[PDB]
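Structural view - rilpivirine in its complex with Reverse transcriptase/ribonuclease H.
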Amino acid sequence: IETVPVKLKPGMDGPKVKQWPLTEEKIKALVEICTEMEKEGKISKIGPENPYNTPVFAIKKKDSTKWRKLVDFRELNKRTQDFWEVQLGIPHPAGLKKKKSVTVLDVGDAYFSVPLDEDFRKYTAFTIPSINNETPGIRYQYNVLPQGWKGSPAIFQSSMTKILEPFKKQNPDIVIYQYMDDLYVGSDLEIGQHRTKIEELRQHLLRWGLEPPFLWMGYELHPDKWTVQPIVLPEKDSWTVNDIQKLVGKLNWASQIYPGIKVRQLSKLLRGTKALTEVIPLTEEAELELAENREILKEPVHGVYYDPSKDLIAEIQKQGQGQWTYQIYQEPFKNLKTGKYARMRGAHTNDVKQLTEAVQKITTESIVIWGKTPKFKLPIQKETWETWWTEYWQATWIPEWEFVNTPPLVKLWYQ
Amino acid sequence: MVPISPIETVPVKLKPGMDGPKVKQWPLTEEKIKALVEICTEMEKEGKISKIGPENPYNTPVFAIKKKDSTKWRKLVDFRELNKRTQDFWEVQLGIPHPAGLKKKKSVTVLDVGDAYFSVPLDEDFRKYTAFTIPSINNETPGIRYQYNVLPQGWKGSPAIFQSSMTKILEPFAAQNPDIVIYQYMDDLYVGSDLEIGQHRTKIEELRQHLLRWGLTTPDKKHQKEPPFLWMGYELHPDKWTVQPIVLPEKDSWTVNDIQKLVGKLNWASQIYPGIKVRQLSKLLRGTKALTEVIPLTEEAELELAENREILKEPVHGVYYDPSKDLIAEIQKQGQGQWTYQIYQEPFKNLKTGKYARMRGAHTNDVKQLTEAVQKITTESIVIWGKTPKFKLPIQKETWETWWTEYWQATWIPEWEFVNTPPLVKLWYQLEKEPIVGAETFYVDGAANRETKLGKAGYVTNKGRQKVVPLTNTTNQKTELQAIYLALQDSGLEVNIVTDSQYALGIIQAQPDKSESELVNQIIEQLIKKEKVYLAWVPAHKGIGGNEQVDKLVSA
Ligand SMILES: Cc1cc(/C=C/C#N)cc(C)c1Nc1ccnc(Nc2ccc(C#N)cc2)n1
Ligand SMILES: [Mg+2]
C-alpha cells in the first residue's frame, strides 16, 4: 500500500521502443481492456511530456477466448535496477524439476493491488496505435505493478510469501516457484489429487483478492518424464561407403565433446575410391573401435557445470516432418540439456507456428530447471519471425533471440 | 461573459543537468528595433508575452525579417539554443496516414483553428527560460526584457503540446459523433462524413459550439481550401487519391543529384503507378558521393528511364478502402531482384501499388525474395488496413510445398493462391537425400598456397576418372568450389560428389539460384542441367579414402 522506491540502472534512460504494427482485432481488444483498467485505476492517460514507450500487444491463451494484454518490457527490464536488497535472490529450487506434475498458474493479476512508485510510473508508458495512424495513439502509463515487469514479483514477494503461508505449512512437500507472472506448483500426487490441491491454491488467492481473469487456467507439465538425447550411433549389418562416411563425420563431431573418440580404424575402411553405395565389411579393428566409441558415448560429458552468472543459450534445428531438436548450453560443446519435439500442436502446415511453440516449450523447461530464460539462436530469417511470432504466442514472458542465417552442418548429427 | 473552460498546462522540463539558455542579443538597426517594439506591444496586449524584471538570467536572441506585405518587418525569436536544452516529447506526427487506408467521404469541411495555435498556455515554471530582449535605441537604456506565456512558435515542444491539447478537446466530440472523422494538420481541422450535406453542416456547427467552450473561435466564412487537397505529396479527392504530378525532366547529361531526385520521384510514384523500376538508375549511384559528378547512363539505365516515362504518361488514381471487402495483393517478378505489387479489393481498381528490391548479399534465390516481399507487404498492410491481404503469387502450390518442407530454415507465407502470369518462380535444382545407385562417385578437393595464390582443383572417381587443374590467383575457398565445378562438368546426368569443404556445403545448402560469385553461378548452371545430384560431406585429413587421394594430388 505504500510504494517501494524503484529506479533505473546508473547512467541509463527510460525505454523508447517503437510500437510495432497491430491488427484491427488486437487494437479493438486492447482498447476494451485498457478502458476497463483505466476505470479501475490500474493505468492512467499521459501527456506528451512523457517520451517513453514499451511495445504492447494482445494474446489469446490456450483454451480461452478472452484476450490478455501483454506488454513487451524486455527493454525496461534490462534498464531497471537489480533487486538484490529484498533478498540476495531466492535460491532456485532444484526439486521443482523432479516432481511428477507441475502446474503453471497465471497469478499476474495479483500484482495490480500494489501501487507503483510515482517516480517510476513514467517509464511504463505504452501506446495503443490506431489503424493507418488516422487518430492519435492512446497513451497510458501504469499506476500499479505491471504484469511482465521484473520488479513486480520482487516487490510483491513479501505479500506473496504471506498469502501462501497457510497452504505451504499445510502441504510441506509441495514445491512452489514464482517466475514473473507465473506460479509453478509441483507435487508427486496422483493427478486428481494434484488438480484439487491446485484448486485449493486458487481459492487462497481468491480469498485474498476479496476478479482475476486467468487464474482458473492450469498448464500441466510432467518434468520427471522429460526426455534427453544422448549420442547414438547406428547398429547395422551392412555398411555402405556412404554409411561409414556419415559415421566418421558424426564421430569426428562427437570427439569435440568426448575426448577419447577414435576414427582411424573406421576411416581405413574407406581405403580407396569406392562407389558411395558399395557395401564394406567391417574389419575386427573397426568393430572394436566402433564398440569402444559406443561405450564412451554412454557416459556423461566431462566438465559440465551450470554457472548462474552466465547466459543460457538455446539452439534449435528444424529436422522436418514436424520434428525439432534443441540444445541448451553456456559453453560450446558443454550441453546442459538436449531434447527433441514432434507434437507440434495445430501447425502441420506452418513452420513458424511450430518454431514459436518450440521456443515457448524450451523457455518453460529452462525456467523450471534454472529459473531463467535462455537466449535463442533461431533458424529463421528475422523478417519472417518478426512478422508472425506474436500471432502464435501464448506465454506471458518473452525471451531474447538472434537469427541464424547460415545452415549448420550439426543438423545432421542431432537427427 | 460566458465562462470558458481552461486548457490544462503540460509540465515541461529541461534535460537533466542542463540550465536555461543565456545567449547574447545581437545588435539591431534602429528601424528593426522600432518594428519589434510595436509588434511586441500588440503581442503583450493579446496576453501572449509579458514584460519581466531584470532578475531573470536567461536570454534568447530575437531578429526582424520583413518581406511579406508592405515590406513590413516581421519578428523571429531564435530558440535553437533552448531547443537543445528542452526535454524530448512524444511525437504523434511520426505516423502519417496513407491515403490508400482512408475511407470514401461525401463531404470534407475545413475549419481554421489558428487562434488556438497561438493561445495554448505554457507551463508557468518554464516561461522564464523563454526570455528575450529587444535592444534599446543607441544602447542608452536597458533592453525591454519579456517572456512567453503561450507556446512559442519555433520552440521544440509547441507542435506536440498543441496537438495533445486539441486532441483532448476534440476527443468527447468524436466519441459522441462516430459518424464523422476529424484530422488536424497545421492550423486546420478537416471534418469528413458521409451525412447528407445538411446534417454534415449541422455537425460542423455543433463542432464550432464545442470549441467555444474553450474560447476557440472559428472563421464564419467558407474556408478557401476545398477538395481536392494537396497534402503530404498527395492529392486527396472525395472518392479517389493520387500522388502530386510527377514530371521527369529531359536532360542531355545527368549529375549525381539529378539521379537522386529522379529516383526520389520514381520511388514516390511507385505507390500508385504500377511497374515503376529503379534498379539500373540506382546502380549509377553506387559508392559515389560527388553531387556535381556527371555519370554516363548505361543503355540499361536508358531503357529503364524510357519504360518509366511510358508508365507515367497519364494520371493514375487509387481508390480508398472499403472495410467490408477483402484485400488482395498480387506480386510480379520484374528481374534483377526487383518485385512489384498491387493491392486491390475490386478488380482493376488498385487502392495502392508498390515495389520491393532484393537485399544486398552474396547468394539468393527467387523463392526467398518472393517470401521477403510477402512479409514486407504483410507488414505494410497491417499498418494501413490492420489486416493481412490474400496473396496472388506467381509460384505453383507444389513448388512452394517442396521448398518449405525441405528448406533448412522455418518459413511461412500466409493465405495465398497461384496466379499463372509469367515469369513464374520455380525451383531450378533439388539435391538428392540419398546416394544414387549406379551414378559415378566423384571425390573432389582443392588447395591453394596462401602467399603465392597458386592452387589445384580436381577429383578422382570410382571408375578411375581423374582430373587435376592448376590455378593462379586463387584461394582455398575458390579451389574448393572449382573442384565441385569440375566434377559437375565431367559427369553424366546423375552423379555423387564427395567434398570436405564446409564452405562449399554452406553455400549449396542455402540453395542459391543466382550469385555474386561467377564460380557459384557456374556451379548453379551445371546443377540445373543434371537430373540427380547427391552432395556428401566428409571431414578433412582423416584418411577417408578417395578424399585422401585427391587432397594429396591437389595440395602438391
Ligand atoms: C487523414 C486525413 C487527412 C485529411 C486532409 C489532409 C489535407 N489537406 C483529411 C481527413 C479528414 C483525414 N482523415 C480521414 C480519416 C479517415 N478517412 C478519411 N477519408 C478521406 C479524407 C479526405 C478526402 C478528400 N478529399 C476523402 C476521404 N480521412
Ligand atoms: Mg584438403
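Chain identifiers are assigned alphabetically (A, B, ...) following the order of the sequence lines, protein sequences preceding nucleic acid strands; residue numbering begins at 1 within each chain. Just follow the structure's listing: the first ligand is 1, and inside any ligand the first atom is 1.
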Rilpivirine - ligand or chain assignment: ligand 1
Neighbouring chains of rilpivirine at under 4.0 Å, heavy atoms only: A, B
Deposit name for chain A: p51 RT
Close-contact set for rilpivirine against B:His237 heavy atoms, below 4.0 Å: 23 (C), 24 (C), 25 (N), 26 (C)
Heavy-atom nearest neighbour in the protein, as seen from atom 14 (C) of rilpivirine, with distance rounded to 0.1 Å: B:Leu102 CD2, 3.9 Å
Shortest protein contact, atom 3 (C) of rilpivirine (heavy atom only): B:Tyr183 CD2, 3.3 Å
Distance-only N or O hit between rilpivirine and B:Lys103, under 3.5 Å: yes
Where rilpivirine meets B:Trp231 - atom numbers and elements under 4.0 angstrom, heavy-atom basis: 6 (C), 7 (C), 8 (N)
Which residue and heavy atom of the protein sit nearest atom 22 (C) of rilpivirine, plus the separation: B:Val108 CG2, 3.9 Å
Sub-4.0 Å atoms of rilpivirine with respect to non-hydrogen atoms of B:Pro97: 1 (C)
List, for rilpivirine, each N/O atom that has a protein N/O partner under 3.5 Å away, with both atom names and the distance.
from	atom 1	to	atom 2	distance (Å)
rilpivirine	8 (N)	B:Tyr190	OH	3.3
rilpivirine	17 (N)	B:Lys103	N	3.3
rilpivirine	19 (N)	B:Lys103	O	2.7
rilpivirine	25 (N)	B:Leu236	O	3.4
rilpivirine	25 (N)	B:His237	O	3.3

